[PDB]
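The chain called A is the first sequence line; B is the second; the pattern continues. Here chain A follows the PDB entry for its numbers: 1-301, in order, are the residues you see. Going by the PDB entry, the residues shown for chain B are 1-301, listed in order. Counting starts at 1 for both ligands and their atoms, following the listed order. Hydrogens, waters and symmetry mates are skipped; everything else that's a heavy atom, side chains included, is used.
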There are 2 protein chains.
Amino acid sequence: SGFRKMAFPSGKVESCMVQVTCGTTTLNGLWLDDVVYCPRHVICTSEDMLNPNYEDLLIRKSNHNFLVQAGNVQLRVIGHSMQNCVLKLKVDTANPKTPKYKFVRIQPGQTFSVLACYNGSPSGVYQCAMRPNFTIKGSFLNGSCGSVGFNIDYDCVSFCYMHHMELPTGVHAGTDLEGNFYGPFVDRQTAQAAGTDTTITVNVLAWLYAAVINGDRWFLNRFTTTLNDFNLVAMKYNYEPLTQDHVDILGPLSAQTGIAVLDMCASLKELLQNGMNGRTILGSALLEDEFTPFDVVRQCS
Amino acid sequence: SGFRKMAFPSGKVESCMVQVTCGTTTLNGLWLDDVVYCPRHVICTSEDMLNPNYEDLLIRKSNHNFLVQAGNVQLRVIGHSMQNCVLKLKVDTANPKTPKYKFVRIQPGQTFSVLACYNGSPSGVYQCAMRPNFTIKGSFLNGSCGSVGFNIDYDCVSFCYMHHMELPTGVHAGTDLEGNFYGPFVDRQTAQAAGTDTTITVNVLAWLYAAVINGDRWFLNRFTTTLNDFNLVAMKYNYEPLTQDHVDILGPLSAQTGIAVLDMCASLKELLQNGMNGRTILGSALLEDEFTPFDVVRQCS
Ligand SMILES: Cn1cnc(Cn2c(=O)nc(Nc3cc4cn(C)nc4cc3Cl)n(Cc3cc(F)c(F)cc3F)c2=O)n1
Ligand SMILES: Cn1cnc(Cn2c(=O)nc(Nc3cc4cn(C)nc4cc3Cl)n(Cc3cc(F)c(F)cc3F)c2=O)n1
């Protein structure tokens, strides 16, 4: 029993993390087969970072301008190119610990594990959700640029996030491994605001099911609600509207607990309207929205 | 910026995890050099688990009764012994991925990373604190017996926890890697209750400092309190009493933020007395006590 924010074991990704230095600018890269992937921001000098023209900056470089270090061993760069906001450095050595992998883009509301890294050295691991506004509420300091986020299915690592920058609100923004930003951001050292966010309703409901599976039932009630009547309440509390396709995804959890989705919605409607009255759900005093239905099924039984 | 429950990268430990089977009973083991460490409970048949005499059970076994599997390769057992509640199986192959390691026992209030594992296969990673009552609020299902908890300093893995059992309240109990239980528990399949718990005051204060470092300041105030006047409030709210040695450990955080420890205590005293009034601290609506001062310094700047 128990329910915790839990990341995937990070070993498969740790073995791929390298340091990339261009002049005096340094950050983390991802070494898969004979290619290192990293934020193209590394080719900026201090005076290029505010308003870079990356095509200009890159044509002015050659392979020998890139220092790649996999622990103590220097990897020799033998080719370089740009794909959107990621730099690809072809190296002379294929990574012998390359896992089976994919580059997948995730949807808002989905979760992934972040391996925070500094100077090519992994530092910590934790779960994150892609917010509806395409930021993530991570934990990152200077030097974390190029840290990656991922999910692991069986033996295959699905890379979904490369960390670029911190926004002024303290939330974090990045790209997929094709270099395409999540959300309306650009890789410049200028202050950029996130759009308005909203709460991921299906995740909250999934978490309430996790709570019932784990014995918290004080919030249940005899009432049911209609899909449209719940959505009137959701709109008032900045929860995203609930659809039948979402009622569908909650099917297995509704079956395990024997609590109808629309019944669980009546509980959520009451919690939103009344608060929690000094009690807790799975050790939290607010409604948690960063667990997917899959996270619940993976962790409960 | 940001503050998250964050585990150590688990790769060094993943490479040590094996499956140990004795007859039909199976669980996880820890393979370091040419020794596998695992809960001695594995030598119990279904009918031995309620009231085992382990010395009896073990003398009735030979090396060939133990099946150890490191992934696909079977490790040959060439010796076996008991140390308290852990079995040590000497194998014919030294683990080529043995990290630099120590066996250390931790104190209540301290944190460690748990690598949850099933059938010798790592499943997830998350942070845990040793509660004052020597349980941990983990996330474990059937088959997790033998999962380990650890901290990593530089390159050295300090193993501090081997998971044994789940108590009826849903909390988890285990031993250090010498087989000595944390808390008043025994490795029998009988229902055992945890003693009364209490809140880890210095961790709450450390977390409030983390919040100030990260820009939550609404809970600060112009007041100070005396060490004894705070402790009268702490005793009323089941917080453990605060000592000068604890004021001392919070020194660096008090210096970074410029907020005196006893000033921060006046904030905590108010929060305990008034609640939080609909606001949050670092995304939580209750006072978090599972971050040590070291966890805060490791993650903030
Ligand atoms: C506080 N924080 C939270 N997350 C981050 C991530 N992050 C980072 O690690 N580094 C950045 N700028 C650099 C400065 C360098 C100085 N040297 C010697 N080398 C450096 C490398 C970088 Cl990458 N930035 C800022 C930033 C990085 C970008 F990739 C980008 F497109 C715009 C930006 F403003 C950063 O956010 N820091
Ligand atoms: C729900 N939960 C949360 N944590 C745990 C940990 N845990 C476990 O994984 N297994 C246990 N009993 C076994 C049954 C087996 C059946 N087969 C085929 N093999 C088995 C191996 C075990 Cl170890 N237990 C119970 C338990 C394990 C002990 F080590 C102990 F000393 C007393 C106990 F009651 C368990 O708690 N399950």
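- Of the chains in this structure, the chief binding partner of ligand 1 is, as UniProt puts it, 3C-like proteinase nsp5.
- Drug at ligand 1 (options: anamorelin, ulipristal acetate, ensitrelvir, amikacin, ponatinib): ensitrelvir.
- Lab note: other chains with heavy atoms under 4.0 Å from ensitrelvir (ligand 1) -> A.
- Taking every non-hydrogen atom of A/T25 and a distance limit under 4.0 Å, the qualifying atoms of ensitrelvir (ligand 1) come out as 19 (N), 20 (C), 21 (C).
- By the 3.5 Å distance cut-off applied to N or O atoms, A/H163 is counted among the residues near ensitrelvir (ligand 1).
- Mapped onto UniProt domains, the residues of chain A touching ensitrelvir (ligand 1) mostly lie in Peptidase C30.
- Using 4.0 Å as the threshold, A/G143 has a heavy atom nearer than that to some atom of ensitrelvir (ligand 1).
- Of the protein's non-hydrogen atoms, the one nearest atom 8 (C) of ensitrelvir (ligand 1) is A/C145 CB, 3.6 Å.
- Per UniProt, the active-site residue of chain A found nearest to ensitrelvir (ligand 1) (heavy-atom distance, rounded to 1 Å) is A/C145, 3 Å.
- According to the deposition, there is no covalent link from ensitrelvir (ligand 1) to a chain.
- Looking at atom 1 (C) of ensitrelvir (ligand 1), its nearest protein heavy atom turns out to be A/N142 OD1, 3.3 Å.
- Proximity of atom 20 (C) of ensitrelvir (ligand 1) to the protein is indicated by at least one non-hydrogen atom lying closer than 4.0 angstrom.
- Binding site of ensitrelvir (ligand 1) at 4.0 Å (heavy atoms): A/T24, A/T25, A/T26, A/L27, A/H41, A/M49, A/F140, A/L141, A/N142, A/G143, A/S144, A/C145, A/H163, A/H164, A/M165, A/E166, A/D187, A/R188, A/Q189.
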I'd like the atom pairs linking ensitrelvir (ligand 1) to the protein - N or O on both sides, separation under 3.5 Å - with distances to 0.1 Å.
| from | atom 1 | to | atom 2 | distance (Å) |
| --- | --- | --- | --- | --- |
| ensitrelvir (ligand 1) | 4 (N) | A/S144 | OG | 3.4 |
| ensitrelvir (ligand 1) | 4 (N) | A/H163 | NE2 | 3.1 |
| ensitrelvir (ligand 1) | 9 (O) | A/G143 | N | 3.0 |
| ensitrelvir (ligand 1) | 9 (O) | A/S144 | N | 3.2 |
| ensitrelvir (ligand 1) | 9 (O) | A/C145 | N | 3.0 |
| ensitrelvir (ligand 1) | 19 (N) | A/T26 | N | 3.2 |
| ensitrelvir (ligand 1) | 19 (N) | A/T26 | O | 3.4 |
| ensitrelvir (ligand 1) | 36 (O) | A/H164 | O | 3.3 |
| ensitrelvir (ligand 1) | 36 (O) | A/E166 | N | 3.4 |

